[PDB]
Student: 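Model shown: Beta-lactamase + cephalothin (bound form).
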Amino acid sequence: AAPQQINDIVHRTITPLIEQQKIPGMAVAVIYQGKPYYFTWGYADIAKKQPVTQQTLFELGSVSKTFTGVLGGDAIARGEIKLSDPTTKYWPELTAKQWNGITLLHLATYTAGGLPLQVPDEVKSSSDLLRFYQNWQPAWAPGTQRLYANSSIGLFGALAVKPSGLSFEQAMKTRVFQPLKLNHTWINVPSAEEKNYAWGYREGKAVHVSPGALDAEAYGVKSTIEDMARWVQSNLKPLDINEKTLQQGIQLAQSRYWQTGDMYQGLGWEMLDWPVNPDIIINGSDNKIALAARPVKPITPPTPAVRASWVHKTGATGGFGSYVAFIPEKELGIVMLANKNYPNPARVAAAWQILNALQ
Ligand SMILES: *C(=O)[C@@H](NC(=O)Cc1cccs1)[C@@H]1NC(C(=O)O)=C(COC(C)=O)CS1
């Protein structure tokens, strides 16, 4: 069991959320004074009456970008890449003139100048990808507008692993998942684990995310509530991580590279100063704002990770909705995994109500 205050706020917050949003299955972890407390509701498979458990795998959707950002941070710490490196250093075939001046930093932080939200479904092979990026015309100069984009950070992740000689999946397993003992976190779910893979539900139909180019880097990780609680713990307290470059990569992913309004862009993670205005984070998570182009101000040098921050990331696929938020100064965090893609503001409002009650 958990402290009664945790049980109380979680039951009082999540129960009406599930009823109002018609969520079939949900798992929540609260990290309180560094320790995890787990809660499950509902079904991973409705028709087959399989309950959500602490071993159920959920599609994290864009929460995957936090792993990509940390893996990139680890590569920086290893001396393998620098964020100021030009994109063309790692992909010399990207010869089109618009790529002159676009750095890894711009890719990682969605500031390359209008790379689109999605890689087109028609783009599958590395030859298709090259044609896509060679034909793309920026709307803005690099480093002026943030436009959230799988095609931007997805390319960052693919290029950041090139010096290592490893595939993106192998780099992620060897350099992030394995050192942190994330033993049930997968880019590709093995056959033997399919029994634990929840179905997502979209308009009442059971669905799983479809393959797409750069999916692993941008939205393709599946994980359990236990592994996600450990991921939060690791990002809350990197000084407990023994592998020095991973410790440093976690810190670098919470550095503040750009500001827009009151939010700061990290590597994958986004941050605001704590205490936050809850209306700012709730309303800012609505796709009307979160997917819009917004002007950025550079932070030179990037601010080293600030402990008194609200650090967070939403994620979705067609059938799933996920949210992670944590406050390093308070040793406090939350993971919310659900097998329905329900509106971002409802996730953020519930998470803030829980964490604010426990601060
Ligand atoms: C990040 O979470 C992101 N999801 C993906 O790009 C991965 C997906 C694979 C299949 C469907 S989404 C954002 N999620 C969503 C969503 O609500 O699912 C978006 C909504 O898109 C528009 C347009 O409103 C944007 S991409």
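Just so it is clear, chain A uses the PDB entry numbers, and the residues here are 30-388, in order. Reckoned from all heavy atoms, side chains included, excluding hydrogens, waters and symmetry mates. In each ligand, atom 1 is the first atom listed, and ligand 1 is the first ligand listed.
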Student: Please list the residues near cephalothin (bound form), using 4.0 Å as the heavy-atom limit.
Tutor: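 By heavy-atom distance, those residues are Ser91, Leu146, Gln147, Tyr177, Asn179, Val238, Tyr248, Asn316, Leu320, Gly344, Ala345, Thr346, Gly347, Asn370.
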Student: For atom 20 (C) of cephalothin (bound form), what is the nearest protein heavy atom, given as residue, atom name and distance?
Tutor: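 For this ligand atom, the closest protein heavy atom is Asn316 ND2, 3.7 Å.
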Student: Which cephalothin (bound form) atoms are under 4.0 Å away from a heavy-atom of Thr346?
Tutor: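 Selected atoms, number and element: 8 (C), 11 (C), 12 (S), 18 (O).
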Student: May I ask you to check whether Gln147 has an N/O atom sitting below 3.5 Å from an N/O atom of cephalothin (bound form)?
Tutor: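 Yes - when backbone and side-chain N and O of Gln147 are compared with those of cephalothin (bound form), one distance drops under 3.5 Å.
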Student: Considering only heavy atoms of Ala345, which atoms of cephalothin (bound form) have at least one such atom less than 4.0 Å away?
Tutor: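 Going through cephalothin (bound form) atom by atom, the ones under 4.0 Å from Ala345 are 1 (C), 2 (O), 3 (C), 4 (N), 5 (C), 7 (C), 8 (C), 12 (S), 14 (N), 16 (C), 18 (O).
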Student: With nothing but distance in play, are any N or O atoms of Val238 less than 3.5 Å from an N or O of cephalothin (bound form)?
Tutor: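 By distance alone, the answer is no.
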Student: May I ask you to identify the nearest protein heavy atom to atom 18 (O) of cephalothin (bound form), giving residue, atom name and distance to one decimal place in Å?
Tutor: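 Going by distance alone, atom 18 (O) of cephalothin (bound form) is nearest to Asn370 ND2, 2.9 Å.
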Student: Tell me which protein heavy atom sits closest to atom 3 (C) of cephalothin (bound form), plus the residue, atom name and distance to 0.1 Å.
Tutor: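 For this ligand atom, the closest protein heavy atom is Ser91 OG, 2.7 Å.
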Student: With nothing but distance in play, are any N or O atoms of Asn179 less than 3.5 Å from an N or O of cephalothin (bound form)?
Tutor: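 Yes.
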Student: What residue and heavy atom of the protein are closest to atom 21 (O) of cephalothin (bound form), and at what distance?
Tutor: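 Of every protein heavy atom, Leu320 CD1, 4.0 Å lies nearest to atom 21 (O) of cephalothin (bound form).
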Student: In terms of atom number and element, which parts of cephalothin (bound form) are under 4.0 angstrom from non-hydrogen atoms of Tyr248?
Tutor: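 Checking each atom against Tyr248, I get 7 (C).
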Student: Could you tell me, atom by atom, which parts of cephalothin (bound form) come under 4.0 Å of a heavy atom of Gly344?
Tutor: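 Listed by number with element, the hits are 2 (O).
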Student: Any covalent bond between cephalothin (bound form) and a chain residue here, and if so, at which atom?
Tutor: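 The covalent bond goes to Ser91 OG.
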Student: Should you measure from each heavy atom of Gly347, which atoms of cephalothin (bound form) turn up under 4.0 Å away?
Tutor: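 Atoms satisfying the 4.0 Å criterion: 10 (C), 11 (C).
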Student: For cephalothin (bound form), which of its N or O atoms have a protein N or O partner closer than 3.5 Å, and how long is each gap?
Tutor:
residue, atom, partner, partner atom, Å
cephalothin (bound form), 2 (O), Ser91, N, 3.1
cephalothin (bound form), 2 (O), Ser91, OG, 2.0
cephalothin (bound form), 2 (O), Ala345, N, 2.7
cephalothin (bound form), 2 (O), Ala345, O, 3.3
cephalothin (bound form), 4 (N), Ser91, OG, 3.3
cephalothin (bound form), 4 (N), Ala345, O, 2.9
cephalothin (bound form), 6 (O), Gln147, NE2, 3.0
cephalothin (bound form), 6 (O), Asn179, ND2, 2.7
cephalothin (bound form), 17 (O), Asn370, ND2, 3.0
cephalothin (bound form), 18 (O), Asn370, ND2, 2.9

